[PDB]
Chemist: 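Before we start, here is the structure in question, set down as structure tokens.
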Amino acid sequence: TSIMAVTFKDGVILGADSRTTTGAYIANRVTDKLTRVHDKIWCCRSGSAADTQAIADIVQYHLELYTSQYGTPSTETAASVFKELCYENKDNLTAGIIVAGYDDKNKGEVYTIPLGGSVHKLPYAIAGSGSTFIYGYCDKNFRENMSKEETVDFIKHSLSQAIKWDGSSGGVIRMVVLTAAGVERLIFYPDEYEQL
Amino acid sequence: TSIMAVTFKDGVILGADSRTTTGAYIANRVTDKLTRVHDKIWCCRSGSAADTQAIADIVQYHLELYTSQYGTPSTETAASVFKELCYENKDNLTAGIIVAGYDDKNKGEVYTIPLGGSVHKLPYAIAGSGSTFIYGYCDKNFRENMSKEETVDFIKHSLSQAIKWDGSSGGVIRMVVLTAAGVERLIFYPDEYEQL
Amino acid sequence: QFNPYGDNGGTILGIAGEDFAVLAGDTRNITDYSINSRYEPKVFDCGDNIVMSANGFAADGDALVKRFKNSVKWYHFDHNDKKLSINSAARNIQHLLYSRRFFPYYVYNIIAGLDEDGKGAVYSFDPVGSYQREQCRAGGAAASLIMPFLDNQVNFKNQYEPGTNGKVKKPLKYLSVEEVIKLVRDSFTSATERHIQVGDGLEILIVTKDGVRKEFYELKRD
Amino acid sequence: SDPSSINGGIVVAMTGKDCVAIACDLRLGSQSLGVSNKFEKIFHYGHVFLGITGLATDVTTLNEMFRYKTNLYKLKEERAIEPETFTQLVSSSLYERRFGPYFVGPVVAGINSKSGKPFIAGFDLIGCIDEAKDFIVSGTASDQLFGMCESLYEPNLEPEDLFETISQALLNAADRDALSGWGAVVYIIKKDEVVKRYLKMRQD
Amino acid sequence: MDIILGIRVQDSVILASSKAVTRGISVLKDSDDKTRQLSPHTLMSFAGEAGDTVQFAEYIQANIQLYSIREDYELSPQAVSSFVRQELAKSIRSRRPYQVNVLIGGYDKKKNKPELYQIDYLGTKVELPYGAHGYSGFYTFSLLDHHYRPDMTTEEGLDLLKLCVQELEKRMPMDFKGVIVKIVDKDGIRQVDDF
Amino acid sequence: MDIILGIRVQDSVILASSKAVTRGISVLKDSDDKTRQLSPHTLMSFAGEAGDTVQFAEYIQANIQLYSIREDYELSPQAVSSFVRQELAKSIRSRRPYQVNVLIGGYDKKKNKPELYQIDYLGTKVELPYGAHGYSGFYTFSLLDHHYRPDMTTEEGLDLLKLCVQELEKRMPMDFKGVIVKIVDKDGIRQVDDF
Amino acid sequence: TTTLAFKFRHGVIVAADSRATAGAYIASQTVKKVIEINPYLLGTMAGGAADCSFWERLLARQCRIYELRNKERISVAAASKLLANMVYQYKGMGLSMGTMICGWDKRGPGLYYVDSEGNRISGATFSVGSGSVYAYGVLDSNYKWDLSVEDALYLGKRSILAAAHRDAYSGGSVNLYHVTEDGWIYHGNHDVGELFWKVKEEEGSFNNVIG
Amino acid sequence: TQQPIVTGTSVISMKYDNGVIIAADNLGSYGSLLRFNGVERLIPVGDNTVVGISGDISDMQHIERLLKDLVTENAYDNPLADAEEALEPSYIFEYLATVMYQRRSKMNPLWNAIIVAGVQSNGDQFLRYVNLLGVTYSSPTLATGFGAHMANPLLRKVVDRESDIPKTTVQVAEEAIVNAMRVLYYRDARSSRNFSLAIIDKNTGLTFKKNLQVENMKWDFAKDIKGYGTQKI
Amino acid sequence: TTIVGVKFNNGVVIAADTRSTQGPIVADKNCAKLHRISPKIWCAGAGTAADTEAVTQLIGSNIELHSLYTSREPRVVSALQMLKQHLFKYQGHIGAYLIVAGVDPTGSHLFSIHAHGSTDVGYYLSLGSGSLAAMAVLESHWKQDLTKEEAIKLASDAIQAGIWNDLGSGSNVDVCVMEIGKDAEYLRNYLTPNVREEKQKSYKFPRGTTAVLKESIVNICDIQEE
Ligand SMILES: *[B]([O])([O])[C]([C][C]([C])[C])[N]C(=O)[C]([C]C1=[C][C]=[C][C]=[C]1)[N]C(=O)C1=[C]N=[C][C]=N1
Ligand SMILES: *[B]([O])([O])[C]([C][C]([C])[C])[N]C(=O)[C]([C]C1=[C][C]=[C][C]=[C]1)[N]C(=O)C1=[C]N=[C][C]=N1
Ligand SMILES: *[B]([O])([O])[C]([C][C]([C])[C])[N]C(=O)[C]([C]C1=[C][C]=[C][C]=[C]1)[N]C(=O)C1=[C]N=[C][C]=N1
Ligand SMILES: *[B]([O])([O])[C]([C][C]([C])[C])[N]C(=O)[C]([C]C1=[C][C]=[C][C]=[C]1)[N]C(=O)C1=[C]N=[C][C]=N1
Ligand SMILES: [Cl-]
Ligand SMILES: [Cl-]
Ligand SMILES: [Mg+2]
Ligand SMILES: [Mg+2]
Ligand SMILES: [Mg+2]
Ligand SMILES: [Mg+2]
Ligand SMILES: [Mg+2]
Ligand SMILES: [Mg+2]
């Protein structure tokens, strides 16, 4: 799995591959790992598919109930709910989640939640088995306040390499753009990103 | 450990960090992992320090004896001797070696020998625990027929990132330049390469 | 850890007649839930009117057969082209098997032919060389499915003569080659239905004083 | 150690023309030791017959359990339970112990009193139903019984012919199993008469 | 504990149980009675792990005695054996099962027949003419299979029992220190004081 | 095998060894002699794993008999015991050690003294007035510690041995089927045919 | 498996069942567990069929070269000892053998028990195999030295039957042998199925079984 | 006893009317890392045989050297080395099968699965499999690893039995192989897009194709897949 | 086991083989792996047979009560959600691997469910030991905008691939078609490519062949009057 979330001038973009594996067998080659827990709060999922789905479903329930009572929750609040589940059930879970969202006040924000259930707010984050191979590339090429087009290229190039080297990563590159303008879904196919 | 060898226009350059560890303790912070088996055939060592030293010593003996009888051996021949030791004693060894050398006929050549004892001739090679983090960076930035200055920068930037992310890598960056002009040793300290 | 053994499935069946003998076996070769081959011969003509099949781990079975064929060749060289009798072959095979007592051939072997009186003969072996002459014997994966059927239909076990009610047994009347081949085909067709490693094809080798003849029959390929 | 093969035993059932047959061996053992030659494995609740193989304590327990449940069924429903309905009750009762199961191999046999249709079914230890048209097998010689039934069986047999077929299937399967034998019983079941026959077999 | 035997004859049930109690390499006792009277015409012998045996036997005894008082009536040996079996079949799937095998010998006063039941720790019940638990039956069953008749007298049953014990004393490696023998018949339960 | 005892008295050495041989739950023999005459005035009893015991004993016997023929002279019990110990101390660091414990009882004709040596499978040798191997000494040593005198007669030694055996027969769980007793003195080796 | 043998006035009786088992599956019911070493020597098989068969056939070949060299038939004691020393080399290696060596030599009738553990025991009565425990009951109760050949043959046959009935891994048929000073005599193959019913009727035994 | 380090995945093959086809991708994996992208796993022996190898690459390189040495040794004192006494596919296979079984019998195997594809002197098609255990078998279609599970079913739809071989052309057979390689790229997590393909025909000889790529892939339907159940956006 | 699911123009089709195994033995030759959760929501199951049956009957029961409570036809996403949460709770110990398909007021749907509780969406899916053989066919022949007739053909061809090439699969092909605006048609034994050939001989015995000891009438009737 190769997942990442990157903040930029107008907001935040989430990115992910589409491969699910049972050992060396690809159980699903068109997986959607970018999942919605609120209108403009999304998450990237890595680890157990069952665990991360069960978590995201519970979070979507909590934030739906939060909204009915207290109005739109912050991205930090969404990350806190994820954390509470991942930390308190750390013995029984295998979930590496990146939480990303857009406020008008706070703009684009990215929180990463690794295995232990710790939370880390970052300008950008990478996770999944394939992230190991692009720590160098991403650290060298990331800039703050990039444009939408620059950020899309940064994620495309990064995940392209992660897919190239990681067997557990592959298929299409899905992306989700979170800005004031709304929510845009992007997709990039092998013929496009392999030749980069 | 972070080691690499890169061919370029005038020959080949070997590069390595200087860290040796016993768990999390740094047993030596100024290690020389670039070792000479012949005048213009060197190797990069990763894995067990004892195993790789014992191998390199035996290879240096074989090539010294080869030279006395048949004259200067090729880089391919040196790689074959390494392979024979690493393959036939694979059950008892933990050695990841990169062999690099300069001929006048064949110019710069790089052979990598991973754990199994297989041989792979490449334009450039990376190995060691820290190499994982720069597969993306190196693949994106490597070009054939680079200049000496470009290749030194490529290795410096690459190992800088490998060191940054890998705990088993660190200290100084050592390099060895192999050309028709001779053998040049280079060293780069933390204050220089960390700010890159 | 490296496991030097495997299981290639397969099932074999040897039946001895009054003046003939048959050795049948399916042609399917497998590992786990995969099919390797739908037609991979398993019963072989070894010379001197002897047929042989070593069922179980194919690599060990191929080696044993290969070695016995070799043993027949050298028996001719060393003893003036003398014909190797079925009882002599059987004893020789024990020593081939027991030579690896502490790293066995993982196979169940059956040979068939004619004895020195011209009567049908079948011999059965365990992996380490214990052997015995038999009239009827199935070996391999579906052996437990077939043998009870042969006890009933070849040796007339638990069968008595009507009217007497358990007092007089059914008499042991001999079977012809045509009657035997019917029992062989029905045995394998039934085994194919309930055993996943049995199917694809059935190859039968019939041995008489005239020589060794073959017959092939299709089986279900699922 | 394996609960399903400590006591040993076998059960087989077959359909015929307007009839069913169910049969079992009589052995109860403690592994190699033979303990009883009178341990019948076939019970009946009205006109529905149930054979049970496996761990003997569970065989006895389940019989007492289904007697309990079928007696209450009859008091409330004011009629005897039918084979199709009983089959579902067996399945339900076994699956309720999904993670602490009874180590048994039940077999149902009987004729629906209304439709007159012959019915047999088999189960795994957890309740999965195998509703076969031809035959059902269960026990330590199930492989042997599969081979015998699959070769000897033909559809639409008359009661007195079906008796010979099922008996020969059982006897010859039992004689290739160390943990089965020591006697045998065969039930021939018709819409309104049931005959029970003890078979003569080798006692080793 | 070690050896418990039972034989049902014409008009009685005879139970023979070993006298030895052992903890490791030492014989603690050589006169232990491995039996409890459940009712005036029902006797239960037992063998298994230390503690479990006596705890279970006395628990069964208390329940049957309670039933007797409540109803002013003696349960049939068949009813008792079924009660015991259910308790053991209940026990086997509990957190810590009773590791006990039992023989129940009783005289049914209604049917005027002796009855012997063999029940192991799993709750496996079987009615028998003769039975044994553990390694006992391995040595004794061949003699019982040979000599047993259902019309035997009590004296003939005791002689066949002596033969079974003599074979045990010859071929068993363990010294079980002889047996206590008890007879259950129409007149109740009594102990054979010389065996 | 199970119990082997030894006691050195005034003018002789007495060895008592069990008669039983056991394979699992079955007594194969009840009249086994667990001893070999090494020389006319030296006897060795033995106990340990099946095969090893007899193979070792007969190997020692053959070596001592060979020495006797070569030199036309009987080795002293001390010399024999030292030879045996070296063979066992050699054995313990071999690929497959002999799992055998022995007692060597001999009469030294030069010193006119009986001598008893205890040697275990490791090659641990000790000269004693009385000794035992395995679980034997656990039951018998308290009686020997109490009753033993070095000036005892052979008859007194046999009576003390009967007492030791009686205690074993009471408290040991295993039936060892009595003992064969042998006496080693100036006149050679003889067996007590009634014990 | 049930095998037995016992010395008596008129030689030694040797009896064995014929069942071979592979788990719960009955592989064979026609196994010769008595081995013909030489016309004056017999050997029983129990445990590993392959092991017992190979080493006892190798013994017969040892015993034969002994006869050629020494112009004399080997003793039962010497034959049993050769086997014991042969199997002792492979002790701990995994061999599984339980055998009896039966014959008549200069010392009269001889009977030795030999196993893969290393035991070698001379005795008047033995029984080895999973069903031996059942057979011993019938032997010990009815065994005498003053036994007729007819009664002795029946005792060994009846003892196997007792074990074949109770032991799940014993059965099939009974093979009988009588060993005299003029050599061994085969006394036939007896199906246990037919033999059981016959003995039940004639003797009255096995009342618990219905027939 | 060892463990495989750098590994090669599926090798697939089939018979057709005039010869055999064999194929394998150019990847050398290091666990989940797709480390080496230029590895040739089809090795020709003369002009009548191609040996396809999967499993451990160090052991493959060893086998490759044994075969190279075999050709050298066959030419020694052999005037008909390029004619009647040239190496046959059956000779090459039996040699490897001998080596594989001997190595497993010393508990030190060559951790490989091998398919020898070729055409004999008399024009007969040769296709046989051997692995680290010494197990051998032959079939109209053969495949190793994942290919056994995914490729064989597809190739068996073309040649289901022996009688289908004469009815199968080289164009149809190659089409089936190339399709199978695409399916393996969809579904095998240790596969690559780049592969090599070899045809050994009894008329046109040995054709060795390098640097082939999986093309005509279907991915467009991925855009319509959203979430894992209930999600609509 | 081979089970598949294929979407088409105006609906969805699922299919399955009919083999049940215990080790190398076939327990049932004509097993029914297609389950009805509701009239227009069907599910194919692989893995532990009792578990796929039990979990399907339970969720189907609760789906029926839900449909009655809400006065609405049940949705596939409801069955999907109820199944995954149930299976997740039992942490994979309930060995049910399901392909859930159906039509409802929202449209046509196709999902897969694994035993640990993970779900997946697709136009074509396959589960079981023969899923690789089936998926090879689906990846080779699937296209967008399939007709009903093309989808049934593709699905049954995928099952056949499993039947012939996977030893865990065999016998017959079962199909269920769920089209929008129509009744779901359950095609039991849609294909029958594995009928056993005629036996060479008849093994019907002469009457009196078996030895008998005792005979007796069994009283199955109740206690009688008078
Ligand atoms: B990715 O590899 O982390 C991926 C992301 C997931 C949320 C779709 N996970 C998986 O593919 C996991 C296994 C795994 C592989 C590599 C690293 C960590 C975990 N697979 C599953 O959870 C799975 C597989 N088959 C069926 C159902 N679930
Ligand atoms: B490097 O980490 O591979 C390094 C290179 C070596 C040739 C100097 N190896 C080590 O530091 C090894 C341990 C190790 C760490 C990480 C990966 C693989 C191996 N250390 C030693 O061999 C060592 C440590 N302390 C004393 C002596 N030798
Ligand atoms: B007997 O039970 O010891 C018997 C004697 C042998 C010479 C035929 N042995 C076996 O049946 C053994 C298994 C076994 C059962 C009980 C105790 C010890 C061993 N089986 C085999 O020797 C065997 C040989 N070939 C095929 C199948 N089984
Ligand atoms: B298939 O192979 O997935 C199939 C689907 C099932 C719904 C009929 N499964 C089985 O056939 C399983 C295989 C299995 C065996 C052992 C443990 C777990 C799974 N079979 C059974 O569940 C089974 C076995 N015997 C009787 C009844 N059911
Ligand atoms: Cl997912
Ligand atoms: Cl170093
Ligand atoms: Mg990839
Ligand atoms: Mg089949
Ligand atoms: Mg039986
Ligand atoms: Mg009991
Ligand atoms: Mg028996
Ligand atoms: Mg029995």
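First the proteins, then the strands, lettered A, B, ... as listed; each starts at 1. Start at 1 and go down the list; that is how both ligands and their atoms are numbered. Readers should note that the entry appears only in part, and the reported contacts come from within that part.
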Chemist: Which polymer chain has more close contacts with ligand 1 than any other, using its name in the PDB entry?
Modeler: Proteasome subunit beta type-1
Chemist: Hey, which drug is sitting at ligand 1?
Modeler: bortezomib (bound form)
Chemist: Which other chain letters have a heavy atom less than 4.0 Å from bortezomib (bound form, ligand 1)?
Modeler: A, I
Chemist: Identify the binding-site residues of bortezomib (bound form, ligand 1) using a heavy-atom cut-off of 4.0 Å.
Modeler: A:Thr1, A:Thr20, A:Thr21, A:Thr22, A:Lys33, A:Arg45, A:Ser46, A:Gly47, A:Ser48, A:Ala49, A:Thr52, I:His114, I:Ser118
Chemist: I'm trying to place bortezomib (bound form, ligand 1) relative to the UniProt active-site residues of chain A - which one is nearest, and at what heavy-atom distance, to 1 Å?
Modeler: A:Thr1, 1 Å
Chemist: I'm curious, what organism does the PDB give for chain A?
Modeler: Saccharomyces cerevisiae (strain ATCC 204508 / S288c)
Chemist: What name appears for chain I in the PDB entry?
Modeler: Proteasome subunit beta type-2
Chemist: Which other ligands and ions fall below a cut-off of 4.0 Å from bortezomib (bound form, ligand 1)?
Modeler: ligand 5 (chloride ion)
Chemist: What covalent attachment, as residue and atom, does the entry give for bortezomib (bound form, ligand 1)?
Modeler: A:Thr1 OG1
